[PDB]
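Reading through the structure tokens given below for one structure.
The chains are labelled alphabetically, A first, in the order the sequence lines are listed. For chain A, we keep the numbers from the PDB entry: what you see runs 2-111, 115-162, in order. Chain B residue numbers are taken from the PDB entry; in order, the displayed residues are 2-111, 115-162. Header says: X-ray crystallography, 2.3 Å. All heavy atoms count here, side chains included; hydrogens, waters and symmetry mates do not. Start at 1 and go down the list; that is how both ligands and their atoms are numbered.
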Protein chains: 2
Amino acid sequence: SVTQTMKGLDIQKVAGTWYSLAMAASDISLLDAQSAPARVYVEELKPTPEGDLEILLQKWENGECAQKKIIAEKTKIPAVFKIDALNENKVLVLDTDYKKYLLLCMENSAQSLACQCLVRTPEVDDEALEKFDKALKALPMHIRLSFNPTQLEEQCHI
Amino acid sequence: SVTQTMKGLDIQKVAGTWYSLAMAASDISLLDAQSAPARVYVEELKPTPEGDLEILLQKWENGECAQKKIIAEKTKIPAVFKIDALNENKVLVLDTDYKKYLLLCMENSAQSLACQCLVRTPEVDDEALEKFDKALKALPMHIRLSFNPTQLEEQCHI
Ligand SMILES: CN(C)CCCN1c2ccccc2Sc2ccc(Cl)cc21
Ligand SMILES: CN(C)CCCN1c2ccccc2Sc2ccc(Cl)cc21
């Protein structure tokens, strides 16, 4: 369903600070409410020395903006990670230059699909957004969002 | 702010049945909740004989999906209509071929801006969506939505 992975991914090199500039999802209800399931705001990507990928992120739960840490285990494919939860959830890195931008998707085999355009600073990278839009033409997305520099510096983008 | 109007608009010819295929807005909160302010689902456009434009639409209010009728008065500019309410609200027709598609925007001078891609049938017109996307490149939109043929036939797109 996501036929776009980064060739030659060096995962150690995605470590550190990231900003969820834009999001997009297969279904409107995955992103429309602040508490919508795919509305996760990346804080930080932390590769483990064994090539697993730890994602630190914020999520609006009930009232507060909550901190969450989730581990995405490595696979044979360098650009694909698994969170064995209620379903097979895969994290796929589509593309990155390591230092400005990183596109990735999360897909639950059930059909549910959300992708993000991550950037290193709180700025609108119009180039990174072009690349994001190009990889989404291929996908059955029905909601897209984008954040301004002010919202990027707030918790949960409020 | 919207520098894209249809040249040579014949307003009588937009009359009758329409479907809100896609929406997009300047701010996420204009479209994110089902009760979000710019989340209006067009039923029908009815030109009056004096060249005023009556919009019949559905809006999710409190619980139910409500019917609403609003009149947009004519101006010197054939493609621009006004709803004199709490602010100057203008309805602008950007483009149409009358028989498949119509792009229009609603703007409140305050900054608040929502645009829609209307189509005549419940079908995904990939061409009409391309034209919609081309007119939005020019605008400071931060949320976009799109509906499937099943949702187009439900009240309020549920
Ligand atoms: C509770 N939330 C931290 C995890 C669920 C949200 N989500 C997600 C987000 C960040 C990292 C991995 C995932 S797995 C996934 C697969 C499909 C969809 Cl649609 C969303 C997600
Ligand atoms: C109560 N709702 C029927 C009218 C308000 C929603 N809305 C709108 C929708 C359909 C026809 C005209 C308008 S004026 C307008 C201007 C700016 C924005 Cl952002 C939204 C709107």
Drug at ligand 2 - which one is it?
chlorpromazine
Largest contact partner of chlorpromazine (ligand 2) in terms of UniProt:
Beta-lactoglobulin
Judged by heavy atoms, which other chains are less than 4.0 Å from chlorpromazine (ligand 2)?
B
Any idea which protein heavy atom is nearest atom 1 (C) of chlorpromazine (ligand 2), and the distance to it?
B:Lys69 CE, 4.1 Å
Closest non-hydrogen protein atom to atom 16 (C) of chlorpromazine (ligand 2), residue and atom name please, with distance?
B:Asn90 ND2, 2.9 Å
Which residue owns the protein heavy atom closest to atom 2 (N) of chlorpromazine (ligand 2), what's the atom, and how far is it?
B:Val41 CG1, 4.1 Å
Nearest-neighbour protein heavy atom for atom 3 (C) of chlorpromazine (ligand 2), which is reported as residue plus atom name and distance:
B:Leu58 CD1, 3.8 Å
So which heavy atom in the protein is nearest atom 5 (C) of chlorpromazine (ligand 2), and how far is it from that ligand atom?
B:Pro38 O, 4.2 Å
Among protein heavy atoms, which sits nearest to atom 11 (C) of chlorpromazine (ligand 2), and what does the distance come to when rounded to 0.1 Å?
B:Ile71 CD1, 3.1 Å
When you measure from atom 10 (C) of chlorpromazine (ligand 2) to every protein heavy atom, which one gives the shortest distance, and what is it?
B:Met107 CE, 3.3 Å
